[PDB]
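Bound complex of ATP-dependent translocase ABCB1 and Taxol.
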Amino acid sequence: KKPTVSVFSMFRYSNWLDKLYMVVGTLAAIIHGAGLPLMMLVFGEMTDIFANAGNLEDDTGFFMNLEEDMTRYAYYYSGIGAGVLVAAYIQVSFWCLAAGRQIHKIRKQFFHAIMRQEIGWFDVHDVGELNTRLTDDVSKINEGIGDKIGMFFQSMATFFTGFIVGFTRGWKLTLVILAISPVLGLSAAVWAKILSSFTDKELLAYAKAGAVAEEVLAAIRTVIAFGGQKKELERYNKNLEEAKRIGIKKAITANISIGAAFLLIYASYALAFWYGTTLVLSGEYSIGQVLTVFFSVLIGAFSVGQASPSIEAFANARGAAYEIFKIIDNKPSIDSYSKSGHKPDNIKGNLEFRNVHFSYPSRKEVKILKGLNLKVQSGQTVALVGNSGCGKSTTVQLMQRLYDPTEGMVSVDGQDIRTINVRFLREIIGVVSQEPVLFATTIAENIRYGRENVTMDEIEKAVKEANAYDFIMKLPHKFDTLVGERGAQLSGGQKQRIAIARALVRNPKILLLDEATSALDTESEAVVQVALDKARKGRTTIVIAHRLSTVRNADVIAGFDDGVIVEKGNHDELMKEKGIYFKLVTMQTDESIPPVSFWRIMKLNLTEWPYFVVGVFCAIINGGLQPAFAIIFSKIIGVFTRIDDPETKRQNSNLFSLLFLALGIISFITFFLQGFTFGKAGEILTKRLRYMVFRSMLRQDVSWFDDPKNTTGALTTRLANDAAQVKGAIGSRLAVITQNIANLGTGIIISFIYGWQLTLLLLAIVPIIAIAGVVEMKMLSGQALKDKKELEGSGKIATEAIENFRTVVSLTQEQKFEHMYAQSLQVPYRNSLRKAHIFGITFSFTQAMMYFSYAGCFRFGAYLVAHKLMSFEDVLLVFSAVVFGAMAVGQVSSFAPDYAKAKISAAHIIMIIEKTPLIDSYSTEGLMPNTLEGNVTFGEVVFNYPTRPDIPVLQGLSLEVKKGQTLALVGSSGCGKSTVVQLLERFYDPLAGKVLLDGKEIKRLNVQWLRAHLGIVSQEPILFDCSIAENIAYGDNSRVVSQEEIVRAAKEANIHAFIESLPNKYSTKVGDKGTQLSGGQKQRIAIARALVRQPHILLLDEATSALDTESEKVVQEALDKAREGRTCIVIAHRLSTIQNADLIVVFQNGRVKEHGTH
Ligand SMILES: CC(=O)O[C@H]1C(=O)[C@@]2(C)[C@H]([C@H](OC(=O)c3ccccc3)[C@]3(O)C[C@H](OC(=O)[C@H](O)[C@@H](NC(=O)c4ccccc4)c4ccccc4)C(C)=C1C3(C)C)[C@]1(OC(C)=O)CO[C@@H]1C[C@@H]2O
Ligand SMILES: Nc1ncnc2c1ncn2[C@@H]1O[C@H](COP(=O)(O)OP(=O)(O)OP(=O)(O)O)[C@@H](O)[C@H]1O
């Protein structure tokens, strides 16, 4: 379990106004949450007074009273609307502002801490993790401290307010609904579990066939070489039959379970309202109280569930922020920002190392230094020589205060480096690295990085002394030319000379050189060397380099070995001692996817039309019942709004409740029918699409496969996951569209039948709510995209900084980098403030229009009832039939798996299916001559790989072999041997030239007919997850193979001497799940599989390159008989294995260099 930091440390950076924002936003969120159940209370009381005035009606004085007091209730609604408007605006705006400020401070402090850390801490964490953290986990913190906390508080406030308003009216109904609530919770949990697990269970069911699919797409070469498509396709089809069976069972079980859960919650609602009606008949409650309690408690209980995503967001926010807080709190051993320490002056430049012991913290168990003791006087030149990894780089890093030594001390002019502060020490010492890194900025700012207060004239003087004066003038924009990867790629020496200019502009007292000219060509090496030896004068320098010519003129050329100093002398002394230096001297000297339209996708499933017809006819009746639910609800509510004897009221109330239950039962059975039929249609669609796409993939040649855009993983994703969503485009899409259409139509029509004015007003005030919702979603998406695109600018600076941590630390420019990051953060800060304000406004308007809509609609309804245009029951009918219809439309649309993913999947699926290969495998259009002979010839054969068309893989190849003659094709891996094997198998058609079979080109022959006559054994013998008998029978596919042929093939391959050793001989299973076999045995079974077909031409491709000698002898024994009487092609990396070969051809980038005999 990942640790968390909790409240005491999560908020942390919050000064004054931040906590004020937090508290005000929380209070506003509480008000906003508590508003809604109060609006329900007003609804209940207004309904009660409407019924009271109606039964008073059931003369104009109390009608005027109705007008005025309903106007007062409209005022109540408008006041609630204004209050929730201001509360929502305040909550969203203040929480977003507080989160933005807090996260801005967090980002600044986190970058500052990362720049503060010592190199040692940086070396135990990879570079790639830090930037990905700084982006993603900071975004997660933004999610955690954003509006989510406000929404969580609003949800809890709704829960508590609903329960409180329920309990203050009547405890009986609240207790009944609360005791029913566990049933609703359990049913919702079941629905969530079954709905979520559906895809994972689908994957689990498919895994069986997916294993075979993955196996085939990894050995495509052999499959197409042996012509096994017409058998592996059928195996895949059988596994798909099994998958289809299990998927059908899963679909029916899941559908019936979901139907049962929905019927359960529906009956729970029905029972609760029936008990409410029974209480009403007893005279203890009124309609208003029952409506208020029921709706309030239900909405509170539903709202308490809405807080779960907020809780999860908070939890992952803490989990992400724990690492950041740990990193920032980590005080390093050496603090570059520390002002403490000595501040020396007039530094002469002497250096002293005494007993210096040091090891890398990453590899502490390995010791690098063994007590260095080095004396350097100011003024002269001291160089260090030695082998790679002998502490030279470690010595340089320790010199400039990067790693403190384990034991011993280093002093400058007799003063310890520990006493001196890090900043001044690093500023004094100048260092030149082996591989300079240049920032993506103009040369002017690159030089400016050396020091802040350097004048332009000083820059010019430094460049003149750095020999870069001449070359810079040739640049298009002189000293302001943009350089780096985006700028023109400068020469290798240009980077080195501008780096030495950057070092020299600081005018350092002590200079360090780490392989200055190691990675430079000689022409620029001479220039940079003369620059180095001109700049070396007047300063004390330490130089380490592999080339001894540069350090030949050094005053003291000290040797280095095993982290200790043994030999110390000059050129003459070193060359007279005949030590390590003398030996070194003597040895050196997505994309454009065209949409395919709904009609084509529907055509992909035209054959199963009866399933679609019954599904649509079931979806019509399923959808059209939500308005019926509304009608029955309004009728039962209005039952008590008329004056009659109690017994008739009880009778018809029970009748309506029973009708409600019966309609629920009908809904359950229709939902089961529709779900089952659509699921079966979709599964048949998926099975047929998988079969056809696998057929098409097996039909096309390898030119498709070699493309790296679509690898084995991509293809198996297409087969497994991509094709499973096609049923989202047709089927379920038709279901949701039809359901929504019927739900809107029935409600609109019945409302028009009952009352046209009120339904007109609703048809005018509901679309604006929907358009407000969609506008809010569009604004949110645009805001997120703009935020990411703007923050990419600061991310670029962050990446440029972190990846060059060594150089930026060495150049003590961390302050400048932080300052540059400051403004790049500052602009998005203002953008975030503006986005917070606009989001507050739009969310306030979205969440407020409902109350004003209620007020206006019910005012219009009251006016209508005032003059007996309609009845209150009709008002409730035309209100419910529209509002519940809209909510149901939204929810049903949410239920379905949208449409965009299905569309983008169907585009790929159709483009793959319709893709006709250049060389059609299944086509019978091809010449069928008699038995083949073996006169293979090549003329001017030219071919280019799809991956590397520019690289010459085949250019004018011309080789010849005759009947019954052994030829060899030796060469480096992938130099043409694979290409000629593939083209003989007809895997790649050469761009130019003719490959003649029996003196005639291989173009006019049918693919299977020509491929059936060749024998291919590759370097890695790939075997399939089946039996040994099946594997050997795979060798030929034109006819079945009996047991005796297998026996004689094994005897010829000599594997039979080992097959009997197996417990189950021929019946032994082979593969990963079976018994493991060695390389020699696998090669023997592979050559047996080659021989069983008995081709008259066979090719070997580096097969004997991975065989142990004991098994190699038996393999050669079998191959000596195999090659006798047959034409053989030999490819191998061993000269001994090709000694018996007669003819050899050597490939040179596809150009024949030497062909003929061995
Ligand atoms: C008077 C009236 O119509 O009231 C509504 C209703 O009040 C609300 C709250 C309903 C109601 O649903 C819930 O209470 C509910 C709660 C949690 C999870 C799922 C449902 C309703 O029960 C559910 C019912 O919805 C449906 O019938 C859907 O089409 C849904 N139904 C069933 O699955 C079902 C099957 C057999 C028996 C009863 C229902 C459906 C969803 C997807 C695919 C096919 C069908 C409706 C609109 C109502 C009630 C009755 C209160 C909601 O249901 C839907 C999906 O329409 C919840 O979200 C909507 C919003 C509606 O306003
Ligand atoms: N971060 C590190 N972790 C572990 N060992 C390291 C690390 N950095 C350097 N070393 C060690 O230092 C040596 C490599 O040093 P570096 O790459 O700077 O060049 P070098 O060996 O001095 O010479 P050259 O110029 O030929 O590369 C190796 O012995 C290596 O084990």
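Going by the PDB entry, the residues shown for chain A are 30-87, 100-630, 689-1257, listed in order. Both counts, for ligands and for their atoms, begin at 1 and track the order of listing. Recorded method is electron microscopy, 3.9 Å.
- Location of Taxol, all copies: ligand 1.
- The deposit lists the origin of chain A as Homo sapiens.
- Contact with Taxol, defined as a heavy atom under 4.0 Å, is made by these UniProt transmembrane segments of chain A (N-terminal numbering): 5, 6, 7, 8, 9, 12.
- Most residues around Taxol in chain A come from the UniProt domain ABC transmembrane type-1 2.
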